[PDB]
Every structure is written in structure tokens, then in C-alpha cells.
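In this PDB entry you will find savolitinib.
The first residue in the sequence is number 1, and the count goes up from there. One-based numbering, in listed order, for ligands and for the atoms of each.
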Amino acid sequence: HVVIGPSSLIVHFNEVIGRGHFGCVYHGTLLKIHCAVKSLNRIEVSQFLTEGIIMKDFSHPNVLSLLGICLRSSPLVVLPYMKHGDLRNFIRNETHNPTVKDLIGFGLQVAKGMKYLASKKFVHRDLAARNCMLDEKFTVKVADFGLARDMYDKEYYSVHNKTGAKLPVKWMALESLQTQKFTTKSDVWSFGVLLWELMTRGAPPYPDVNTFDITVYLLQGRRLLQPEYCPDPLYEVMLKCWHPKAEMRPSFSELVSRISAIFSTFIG
Ligand SMILES: C[C@@H](c1ccc2nccn2c1)n1nnc2ncc(-c3cnn(C)c3)nc21
């Protein structure tokens with residue numbers, strides 16, 4: 001059910017709608033549904049289809065789904081069209097003016113998406129507002145995973161010298177920075193940074209810090225500041241997300257409960 005016949009898909013290669021390190025994203029027509037088509041030519045087949053099957057089994061309103069894969073004599077990843085693009089660029093856009101309730105709602109949507117993924121035992125490893133997207137109905141979808149996974153904004157990835165890996169250090173949990181071990185509990189840390197990103201309308205975290213300098217920074221007893229219009233219990237939620245002990249951080253289930261409680265207190 002993952003494979004799409006070439007006959008069924010029209011790829012508008014002339015107009016590029018996204019740029020990733022592994023390949024570009026183009027406007028697409030799947031037969032008459034509108035879609036986004038990610039190419040991989042900018043870079044195992046058995047693990048590729050396996051990744052596709054897993055991604056298709058994921059069905060939740062706040063998780064970017066897989067429409068399918070097209071095989072051309074590099075394979076094309078077919079994803080639903082996201083009218084408002086990535087969450088970070090949206091909240092950064094001057095033409096849009098989301099309220100504080102709106103921003104909390106966008107965070108609650110990510111938590112709902114992540115609660116779903118964590119229950120399937122799927123660890124994202126690169127959660128950040130730049131890696132979530134919005135469709136026409138303003139539905140946030142946890143994206144940039146499985147076959148859609150890439151480096152969409154290279155500015156926020158530092159290369160480890162002893163490993164050679166591109167790491168999103170300003171979103172990484174303390175243990176991931178020291179041991180390169182990622183779990184659901186480290187995705188929870190990254191969720192706290194996403195919460196901060198939303199409440200500041202896409203400001204870059206720790207502007208005063210330079211790459212792997214971040215580890216000593218956090219070990220000095222430092223955390224991101226409370227943004228101006230961020231409610232006190234929302235900042236309390238973030239602080240819990242950045243707990244030094246992973247096992248002391250809230251689950252995404254707890255996060256859905258606490259954020260929806262904060263969200264219900266706003267009129268509009
Ligand atoms: C494959 C790509 C994607 C998916 C759907 C879509 N509709 C319109 C454009 N689209 C791009 N994609 N999938 N997950 C992503 N996460 C993030 C980004 C992205 C692109 N630019 N920036 C800054 C982030 N792109 C992502």
C-alpha cells in the first residue's frame with residue numbers, strides 16, 4: 001500500500017518549495033490531490049521500504065503522514081501538502097499575528113503528535129519548531145522524520161569533530177550532548193525548547209552561545225529565560241522538560257494534560 005505507480009504522480013520539478021541537505025522538495029499532483037515531493041539525488045533499499053511501511057502505519061492528526069513512495073529509473077517521497085510550511089517560519093512571519101492562546105495551542109498540537117509517536121516507541125531525535133509543519137486548517141504536524149527526515153536549516157546543526165555528525169545542539173538534552181544517546185525523554189527536552197520558540201515567536205535559542213559551548217553552559221545552572229508573555233505555569237512546564245535527570249522529566253502524556261489545562265484558561 002506504500003508504492004505509487006509513476007502514472008499516478010505528476011512532479012512539478014520547475015518550482016522548488018523546499019531545500020534539504022539530501023534533496024529538494026517540489027509541488028506535486030497525485031491522482032486529483034495536491035502534494036509535496038521530496039527528492040534524494042543530493043546525497044540500503046530494504047531499509048528504505050521498511051521505513052516507508054512504518055511511516056504509513058502512523059495515523060494521527062498532528063503527525064505528517066506518508067502518501068507513498070514513487071520508483072523512478074533516486075526514489076521520490078510523496079507527502080501531504082503543507083500550505084503554511086514549517087511552524088518556525090510561520091510564527092516568524094510578520095503578515096500573521098497569532099495570539100498567546102494560538103501559540104500555546106500550536107504547542108499542545110506538537111505534544112499530542114509526540115504522545116502518539118512515543119506510544120509507538122518512536123524517538124524523533126530532532127524535534128524543533130523548524131521541523132513541524134502547518135496545513136490549510138492551521139493543524140501542526142510533527143514532521144522531518146522517517147523518509148521526510150533531513151537538515152532543512154543547516155544554521156542550527158554543528159558538526160561533531162570526533163564523530164562527523166550534524167547535531168541540533170541547542171535542542172539536545174544534556175545526556176545526548178555527552179553520550180549521543182537519544183530517547184523519548186530527550187525529545188521531551190527538545191519539546192521545552194519548541195515551547196520557548198513558540199512563546200518568543202521563533203527567536204533563536206541561546207544567541208549568546210557558540211555550538212558545543214552549550215554543554216558547559218547548561219552545566220553552569222543555566223536555562224532559557226521566561227519569554228515576556230509566557231504564562232508562569234508554561235515556563236514551569238519547560239523547566240520540567242530540561243530536568244538534568246531524564247527519568248524526572250514529564251511524559252508527553254503529562255505534557256498534553258498540563259498544556260491543555262493552561263490552554264483552557266485563555267479566552268482567545
Ligand atoms: C519534505 C518536507 C515537506 C513536506 C510537506 C510540504 N508541504 C509543503 C512543503 N513541504 C515540505 N518536510 N517534511 N518534513 C519537514 N520538516 C521541515 C521542513 C522544512 C523546510 N524548510 N524548513 C525551514 C523546514 N520540511 C519538511
- Query: Which macromolecule does savolitinib (ligand 1) make the most contacts with, named the way UniProt names it?
  - Reply: Hepatocyte growth factor receptor
- With heavy atoms under 4.0 Å as the rule, classify the contact between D86 and savolitinib (ligand 1) as side chain, backbone, both or neither. side chain
- List the closest protein heavy-atom neighbour of atom 16 (N) of savolitinib (ligand 1): residue, atom name, distance to the nearest 0.1 Å. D144 CB, 3.5 Å
- Message: I need the atoms of savolitinib (ligand 1) closer than 4.0 Å to a non-hydrogen atom of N89, numbered in the order shown.
- Response: 23 (C)
- Contacting atoms of savolitinib (ligand 1), where contact means under 4.0 angstrom from a heavy atom of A148: 13 (N)
- Taking non-hydrogen atoms only, is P80 closer than 4.0 angstrom to savolitinib (ligand 1) via side chain, backbone, both or neither? backbone
- Task: Around atom 6 (C) of savolitinib (ligand 1), find the nearest protein heavy atom and jot down its residue, atom name and distance.
- Result: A36 CB, 3.3 Å
- Query: N/O of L79 under 3.5 Å from N/O of savolitinib (ligand 1), yes or no?
  - Reply: no
- Query: Which UniProt domain of chain A is the main contact region for savolitinib (ligand 1)?
  - Reply: Protein kinase
- Task: Could you tell me whether savolitinib (ligand 1) has any atom less than 4.0 Å away from a heavy atom of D153?
- Result: no
- Hey, looking at atom 11 (C) of savolitinib (ligand 1), which of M133, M151, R149 has the closest heavy atom? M133
- Message: Heavy-atom distances under 4.0 Å decide this one: backbone, side chain, both or neither, for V77 against savolitinib (ligand 1)?
- Response: neither
- Query: Among all protein non-hydrogen atoms, which one is nearest to atom 24 (C) of savolitinib (ligand 1), and what is the separation to 0.1 Å?
  - Reply: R130 O, 3.2 Å
- Task: Name the UniProt ATP-binding residues of chain A with a heavy atom closer than 4.0 Å to savolitinib (ligand 1).
- Result: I17, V25
- Report the nearest protein non-hydrogen atom to atom 7 (N) of savolitinib (ligand 1): residue, atom name, distance rounded to 0.1 Å. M82 N, 2.8 Å
- Query: Which atoms of savolitinib (ligand 1) sit under 4.0 Å from any heavy atom of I17?
  - Reply: 8 (C), 9 (C)
- Item | Entry source species for chain A | Homo sapiens
- Message: Just wondering: which UniProt active-site residue in chain A comes closest to savolitinib (ligand 1), heavy atoms only, to the nearest 1 Å?
- Response: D126, 8 Å
- Item | From the candidates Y152, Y156, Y81, the one that places a heavy atom nearest atom 1 (C) of savolitinib (ligand 1) | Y152
- Task: Enumerate the residues contacting savolitinib (ligand 1) with a heavy-atom distance under 4.0 Å.
- Result: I17, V25, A36, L64, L79, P80, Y81, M82, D86, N89, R130, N131, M133, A143, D144, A148, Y152
Starting from the N and O atoms of savolitinib (ligand 1), collect every protein N/O partner closer than 3.5 Å and put each pair on its own line with the distance to 0.1 Å.
residue	atom	partner	partner atom	Å
savolitinib (ligand 1)	7 (N)	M82	N	2.8
savolitinib (ligand 1)	14 (N)	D144	N	3.0

